[PDB]
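To start, the structure under review is shown below, and the notes come after it.
The numbers used for chain A are those of the PDB entry, and the residues that appear cover 1-186, in sequence. Values reported hereafter were calculated over all heavy atoms of this structure, with side chains retained and with hydrogens, waters and symmetry mates removed. Read the numbers this way: they start at 1 and go in the same order the structure lists the ligands and their atoms.
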Amino acid sequence: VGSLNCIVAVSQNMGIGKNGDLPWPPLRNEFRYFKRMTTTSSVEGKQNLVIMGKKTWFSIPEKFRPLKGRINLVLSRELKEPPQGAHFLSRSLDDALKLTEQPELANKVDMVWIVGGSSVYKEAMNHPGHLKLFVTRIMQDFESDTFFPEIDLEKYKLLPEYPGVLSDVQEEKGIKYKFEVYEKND
Ligand SMILES: COc1cc(Cc2cnc(N)nc2N)cc(OC)c1OC
Ligand SMILES: COc1cc(Cc2cnc(N)nc2N)cc(OC)c1OC
């Protein structure tokens, strides 16, 4: 199995959702970046795995569920089988990463992308090991009810650039944003 990553878009007041919807108007090119990063696999004959909580799965419009060309795993203790359209279910992030060693996935999965929600990001960000965070900074405040956890800059280093990631300021629908990549190894 390859690298462990989180990917998120976040407003200036740390918002990542409002009642299960985007806090901001849809940004087409920002979503195209999410699809490219999460879908593109370095290794022949493997796909990347996306891991998400239950409320993040059901936030996705039905037409975009499952994320095509990626293996889709949902975290839940209440569900007893994967939701309609999903491929795998685990009770926790720790269990999911353990599954990734088992015979039905060990040779199938390249990179692992954690796509939400807040408590799933917090557990991944606070566990030891090598982890990257791909953070889109949406450069204004938007009303939110769910937030990204604190990034401890002691341990996460902001990289000076990264291949396939634009380093300058972007703008769609009058909203400025920029892409960043953070790396820890502890
Ligand atoms: C959980 O699935 C998706 C989540 C998002 C939100 C999102 C949007 N942008 C970035 N950089 N990260 C994110 N996590 C965007 C997506 O597609 C554009 C998803 O596929 C359906
Ligand atoms: C999956 O890509 C997403 C797109 C949108 C806005 C949106 C965009 N297009 C359509 N057809 N329906 C929508 N609700 C909203 C989303 O979440 C609320 C998405 O998932 C993160």
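The name recorded for the drug at ligand 1 is trimethoprim.
Structurally, the main neighbour of trimethoprim (ligand 1) is the chain that UniProt identifies as Dihydrofolate reductase. Near trimethoprim (ligand 1), within 4.0 Å on a heavy-atom basis, the structure shows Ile7, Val8, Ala9, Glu30, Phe31, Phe34, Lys35, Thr56, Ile60, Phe64, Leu67, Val115, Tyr121, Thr136. The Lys35 neighbourhood of trimethoprim (ligand 1) comprises atoms 17 (O), 18 (C), 20 (O), with distances under 4.0 Å to a heavy atom of that residue.
Near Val115, the atoms of trimethoprim (ligand 1) lying under 4.0 angstrom from a non-hydrogen atom of the residue are 1 (C). The PDB entry names the source organism for chain A as Homo sapiens.
Less than 4.0 angstrom separates some heavy atom of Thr136 from each of these atoms of trimethoprim (ligand 1): 11 (N). Residue counts put most contacts of chain A with trimethoprim (ligand 1) in the UniProt domain dhfr. Listed by number with element, the atoms of trimethoprim (ligand 1) under 4.0 angstrom from any heavy atom of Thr56 are 1 (C). Nearest protein heavy-atom neighbour of atom 2 (O) of trimethoprim (ligand 1): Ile60 CD1, 3.7 Å.
Set against the non-hydrogen atoms of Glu30, the atoms of trimethoprim (ligand 1) under 4.0 Å away are 8 (C), 9 (N), 10 (C), 11 (N).
Contact annotation for atom 21 (C) of trimethoprim (ligand 1): protein present (non-hydrogen atoms, distance under 4.0 Å).
In chain A, trimethoprim (ligand 1) lies within 4.0 Å of these UniProt NADP(+)-binding residues, judged by heavy atoms: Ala9, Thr56, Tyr121.
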